[PDB]
Amino acid sequence: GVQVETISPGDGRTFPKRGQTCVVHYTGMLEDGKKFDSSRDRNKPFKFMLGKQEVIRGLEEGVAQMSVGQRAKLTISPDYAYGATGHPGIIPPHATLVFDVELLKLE
Ligand SMILES: CO[C@H]1C[C@@H]2CC[C@@H](C)[C@@](O)(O2)C(=O)C(=O)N2CCCC[C@H]2C(=O)O[C@H]([C@H](C)C[C@@H]2CC[C@@H](O)[C@H](OC)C2)CC(=O)[C@H](C)/C=C(\C)[C@@H](O)[C@@H](OC)C(=O)[C@H](C)C[C@H](C)/C=C/C=C/C=C/1C
């Protein structure tokens, strides 16, 4: 569902717990294609709480297996992303997504 390839290693010990707020930088693109979003270019980290279905399953499960400081390439299959419906106007049906995610801190 989500494949994780490490860009930079974390501490290897500090992982997100259920109900914790994850602070991340991300860049998102369609596989081998167009970039659709970046928190890095606007210099504003993205915050979400784990275990609250706030983000796509691929990102949730990608961040959940990352330690603090880790940066990774997340390849997210459509079923762990926006599926056959897509995201209106931005993400097509059956789109595999690539997120470059850095887990900055947990709060
Ligand atoms: C302008 O930028 C948008 C985000 C854009 C939307 C379009 C996509 C290309 C994208 O560019 O982000 C993008 O890169 C993307 O695909 N993202 C964002 C980064 C995390 C991964 C993914 C995602 O899951 O987006 C999310 C995706 C689009 C929809 C969710 C997917 C998972 C599913 O379980 C949810 O059903 C509920 C819906 C959008 C979000 O990350 C926002 C934060 C979360 C929600 C809207 C819901 O969780 C909602 O549930 C009631 C909430 O609890 C929120 C906090 C309540 C308040 C009022 C809403 C705030 C909305 C903020 C919107 C923001 C910052």
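Positions are given from 1 along the sequence. Atoms within each ligand, like the ligands themselves, are counted from 1 in listed order. These values consider heavy atoms only, across backbone and side chains, with no hydrogens, waters or symmetry-generated copies.
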Query - Largest contact partner of ligand 1 in terms of UniProt - result: Peptidyl-prolyl cis-trans isomerase FKBP1A
Query raised in the report: Which drug or candidate compound lies at ligand 1?
Result: rapamycin
**Report entry** Site residues for rapamycin (ligand 1), heavy atoms under 4.0 Å
**Finding:** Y26, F36, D37, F46, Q53, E54, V55, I56, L59, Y82, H87, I90, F99
Requested in this report: Could you list the atoms of rapamycin (ligand 1) found under 4.0 angstrom from a heavy atom of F36?
Outcome: 9 (C), 13 (C), 14 (O)
Query raised in the report: If you measure every N/O of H87 against every N/O of rapamycin (ligand 1), is any gap under 3.5 Å?
Result: no
Query - Covalent anchor of rapamycin (ligand 1) - result: none
Requested in this report: For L59, take its heavy atoms, then give the atoms of rapamycin (ligand 1) lying under 4.0 Å from any of them.
Outcome: 20 (C), 21 (C)
Query raised in the report: Going by the order shown, which atoms of rapamycin (ligand 1) are within less than 4.0 Å of some heavy atom of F99?
Result: 14 (O), 15 (C), 16 (O)
Query raised in the report: Which UniProt domain of chain A has the most residues touching rapamycin (ligand 1)?
Result: PPIase FKBP-type
Requested in this report: Consider every N or O of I56 and every N or O of rapamycin (ligand 1), then say whether any pair is closer than 3.5 Å.
Outcome: yes
Report task. Show which atoms of rapamycin (ligand 1) fall inside a sub-4.0 Å distance from at least one heavy-atom site of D37. Result -> 10 (C), 11 (O), 12 (O), 13 (C), 14 (O)
